[PDB]
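In this PDB entry you will find ZK200775.
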Amino acid sequence: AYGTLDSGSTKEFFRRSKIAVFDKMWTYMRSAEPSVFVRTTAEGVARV
Amino acid sequence: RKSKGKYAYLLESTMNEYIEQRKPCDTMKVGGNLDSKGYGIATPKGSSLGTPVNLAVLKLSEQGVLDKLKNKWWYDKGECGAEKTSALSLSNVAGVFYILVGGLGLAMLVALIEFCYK
Amino acid sequence: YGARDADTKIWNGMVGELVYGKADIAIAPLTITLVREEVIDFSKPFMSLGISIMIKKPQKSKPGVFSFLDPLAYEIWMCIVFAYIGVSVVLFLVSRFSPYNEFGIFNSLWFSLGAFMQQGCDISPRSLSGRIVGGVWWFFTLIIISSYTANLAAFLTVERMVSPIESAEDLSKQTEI
Amino acid sequence: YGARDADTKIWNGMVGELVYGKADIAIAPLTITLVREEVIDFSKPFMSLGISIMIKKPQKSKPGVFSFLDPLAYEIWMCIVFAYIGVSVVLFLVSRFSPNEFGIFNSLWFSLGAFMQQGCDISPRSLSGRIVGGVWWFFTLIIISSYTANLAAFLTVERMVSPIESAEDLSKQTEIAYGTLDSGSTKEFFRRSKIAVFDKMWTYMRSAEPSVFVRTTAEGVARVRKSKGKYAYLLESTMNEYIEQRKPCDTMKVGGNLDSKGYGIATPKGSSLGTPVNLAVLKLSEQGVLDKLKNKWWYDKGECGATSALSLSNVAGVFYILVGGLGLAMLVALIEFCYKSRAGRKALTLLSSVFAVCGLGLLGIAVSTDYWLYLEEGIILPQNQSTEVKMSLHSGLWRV
Amino acid sequence: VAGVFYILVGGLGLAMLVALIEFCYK
Amino acid sequence: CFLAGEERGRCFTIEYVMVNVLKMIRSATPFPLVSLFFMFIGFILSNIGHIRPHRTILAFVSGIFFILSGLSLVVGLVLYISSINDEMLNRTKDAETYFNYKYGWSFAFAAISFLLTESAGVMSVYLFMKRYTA
Ligand SMILES: CC(C)CCC[C@@H](C)[C@@H]1CC[C@H]2[C@@H]3CC=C4C[C@@H](O)CC[C@]4(C)[C@@H]3CC[C@@]21C
Ligand SMILES: CC(C)CCC[C@@H](C)[C@@H]1CC[C@H]2[C@@H]3CC=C4C[C@@H](O)CC[C@]4(C)[C@@H]3CC[C@@]21C
Ligand SMILES: N#Cc1ccccc1-c1cc(-c2ccccn2)cn(-c2ccccc2)c1=O
Ligand SMILES: N#Cc1ccccc1-c1cc(-c2ccccn2)cn(-c2ccccc2)c1=O
Ligand SMILES: O=c1[nH]c2cc(C(F)(F)F)c(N3CCOCC3)cc2n(CP(=O)(O)O)c1=O
Ligand SMILES: O=c1[nH]c2cc(C(F)(F)F)c(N3CCOCC3)cc2n(CP(=O)(O)O)c1=O
């Protein structure tokens, strides 16, 4: 399961991306239970 | 699910493709369809909506909107998607044990019989 | 969805809400039917569908008693047994008809047994004709045992499930499922 | 079938004959399209269909009788025999020159049952003989392990082979070239498709040298057949099921459909015929007449019909060596006792010298010539895979 | 697998030496 | 008999209404019975044969019954263990469940009783051949 910080340029990259790989990756991340999005970078490093 | 691969359920193909993408990932759709039907948008008989609705369904079909919405609701919002070899268990090789003891059982008989009847 | 009662002749569901006036359009999984398009207007189908078969996904099978035999077909295991009798009879006819004796019919079975299970000897056949029976069955064994191990390794590496049925023609012929 | 010309705005088909009054109904495989139902009526579809994939029915490989030798190259099996001689000969020599049970008759027999890992009785009691047996003991440990491991690699890679069962399988696996007819609804499907799989498939097909697009359906069916696994043809679902039932029974239809179309019965947009025809089609659908007629013309008039364990076809020559090994052993017990029931060094004198005379000569005439190594080379074409040679060559030890 | 051939002939070469040496020097 | 799963001490000792692991160990049941039967008949022949050594013939056919007991005790354990693994295969495979079988001391004492009654059988062939000697 791969994720992104919940608010920034990285999340808005995939949200508006019209490249076939990154369009598929955004489809996975928006529709994922439990949430793959972390709230802080240090939270996202810990979850790795 | 609770018949261990001994009950096949004949149902419509759109639910069959939907339940296959639910949790558990236990069920599977096999074969092709058996009949052919369609789902249509219905209006009352004699209505201003009818002819623009019919030309809308054909426009959404050929632009790919109706295929896009089905991938969305059946597969992209689908729970099921789309290793590490395990040790051999005893149930796989239990036959050479039964042939071993069955080979020792038939060997003690030939011992106890023939030496007495020498 | 909408059906018509045999007595009251009244349409239920989303159909009767179009026949009688509660609604203007019914966007739904509503099947285009003969008895329904006599009373309403459908569009062209937005979704095509049909009757299909649902089975539980095939998992790993249960192992039978003779599951260990399965890397080789039963056509092979029979022809090994025929050939085991075959090389012991010929080893006897080597020994009985004008030998170089010690290799009886019960001994020639015993030389070819430990040969095929790759387990030494007791005594070399000491003829030349006994050697060719002994030597060729030793190469037979080597290929068969290596083909057992190599085909079992392919099975254990690549997990490949099959479904019992593949169509409704298959369901009609069987009675197990 | 019918298409409005962009210049003259004139329909040119069966749609033309309905718009321009020449006919009253078109009962034909006419696709329900947007631009057509703007000018004519259509019934509900009497046949649903879509774009499908046509591949060749895969193949089976025929085990050529000595296929059990295939895990090792023929140069290995040759040098196993040359090493079997060599270890037998060195045994007898070491054994004679020692303080014997061994003959070269026995030394052929030690070296074989050690190759087959079947044990031996004659032990090379000299420690100079123990070096002979010990290295041939390790030789066949590495040869038997290499046979089993390369055969396991074959049977694993053949079991990892997965056939095409979707358009996503064609999307990923680029070893099979897939194509479309060069002008129709199938090519214009991929050209305007904004679905991620079909957008990738169009990217492959537009950028492909040589051209994957065929010009005729019968051309596209032929290219499936003369490619042996390498072409897939994207066509309509109903022609795919029909050609599957023809002669030769060579191709097959894989997957589901890639889109959804329908064939309708068309009337000239004003007709009093259009409403009873629409209710006729829905009556023939629910009385099973339309599925009955498809079985009749696709399958009842079809020119075709309608295990993972290792088979005897594969290990067949290991029985033919076994029978031939028993058949030769009936010959020996015949002639050896006929030697015994009838039971010198000058033949030993003659043979040993006369073998050397050819022996000195055969190596001598071979080393001085230049036909040791043939070497063909060149480029191929997909023109029936016919080959021209742009480098023929010979070689010798020095004379090339 | 050319290595087990060189070890085979190299094993036969070192075996004929031990034969020709030691039986003469018995 | 159960434990912490709903904490009930319901020793069902199943003969009627109810998992299928407990039905497959019903299938393996006759083999530790026949083994225990051949242990007992191997000893009640052994106990009287300490009183009557008089021909020789006793401790041989009891030693047959010591060895035939352990061989049916092997088939008892193989059928028992394979019946576990057949049903551990068919449970369900989620990444959120865990099944854990474990063999207890009651299983182990049956397996220790193999080696004793087999080694008892080995000495039972010994002193039979000592009284056939004497
Ligand atoms: C002398 C010997 C061979 C006597 C034979 C009895 C034993 C060894 C045999 C060998 C194969 C076994 C079988 C193997 C498993 C099957 C299916 C199982 O659900 C119940 C027991 C059953 C039906 C058989 C019963 C017992 C059986 C254990
Ligand atoms: C009694 C025996 C071992 C004497 C040794 C001579 C032979 C057998 C040896 C064994 C290993 C071989 C080697 C193997 C191949 C290498 C690399 C090649 O590019 C040139 C020859 C060279 C460098 C070696 C020379 C010859 C060599 C053939
Ligand atoms: N697993 C396993 C196994 C272990 C030892 C010996 C044989 C097998 C085995 C092999 C095969 C097989 C089949 C084809 C090709 C190669 N191998 C199959 N099975 C098996 C497994 C489950 C159910 C039935 C058979 C087996 O149990
Ligand atoms: N399958 C098989 C098989 C069984 C026993 C012995 C050999 C083979 C076999 C091996 C190989 C092979 C090839 C390369 C590397 C390793 N193995 C090939 N074949 C084979 C199968 C079908 C047709 C032709 C050859 C074979 O039949
Ligand atoms: O117009 C109709 N459209 C229908 C559409 C669906 C669905 F699949 F949900 F879209 C279903 N289901 C089938 C599976 O179980 C859930 C309900 C029934 C429908 N029925 C009644 P039926 O076909 O007589 O059973 C109609 O009449
Ligand atoms: O209404 C249409 N119905 C069509 C029906 C078929 C057929 F399958 F034969 F029924 C075919 N073919 C597809 C390939 O084999 C030969 C002819 C083309 C049709 N086209 C033209 P396209 O779809 O633009 O290529 C239509 O327009």
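Here is the naming used below: chain letters follow the sequence lines, and residue numbers restart at 1 for every chain. Just so you know, ligand 1 is whichever comes first in the structure, and atom 1 is the first atom listed for that ligand. Contacts here are counted within a displayed part of the entry, not across the full deposit. Atoms considered below: every heavy atom in the structure, side chains included; atoms not considered: hydrogens, waters and symmetry mates.
- Mapped onto the model, all copies of ZK200775 cover ligands 5 and 6.
- Lab note: most contacts to ZK200775 (ligand 6) come from the chain the PDB entry lists as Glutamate receptor 2, Voltage-dependent calcium channel gamma-5 subunit chimera.
- At a heavy-atom cut-off of 4.0 Å, the other chains in contact with ZK200775 (ligand 6) are listed as D.
- Per the deposited entry, no covalent link of ZK200775 (ligand 6) reaches a chain.
- Among the L-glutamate-binding residues UniProt records for chain D, the set within 4.0 Å of ZK200775 (ligand 6) by heavy-atom distance is D:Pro29, D:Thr31, D:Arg36, D:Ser185.
- Using a 4.0 Å heavy-atom threshold around ZK200775 (ligand 6), no UniProt transmembrane segment of chain D, numbered from the N terminus, qualifies.
- With the cut-off at 4.0 Å and only heavy atoms counted, the binding site of ZK200775 (ligand 6) comes to D:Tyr1, D:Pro29, D:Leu30, D:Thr31, D:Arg36, D:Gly184, D:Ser185, D:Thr217, D:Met239, D:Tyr263.
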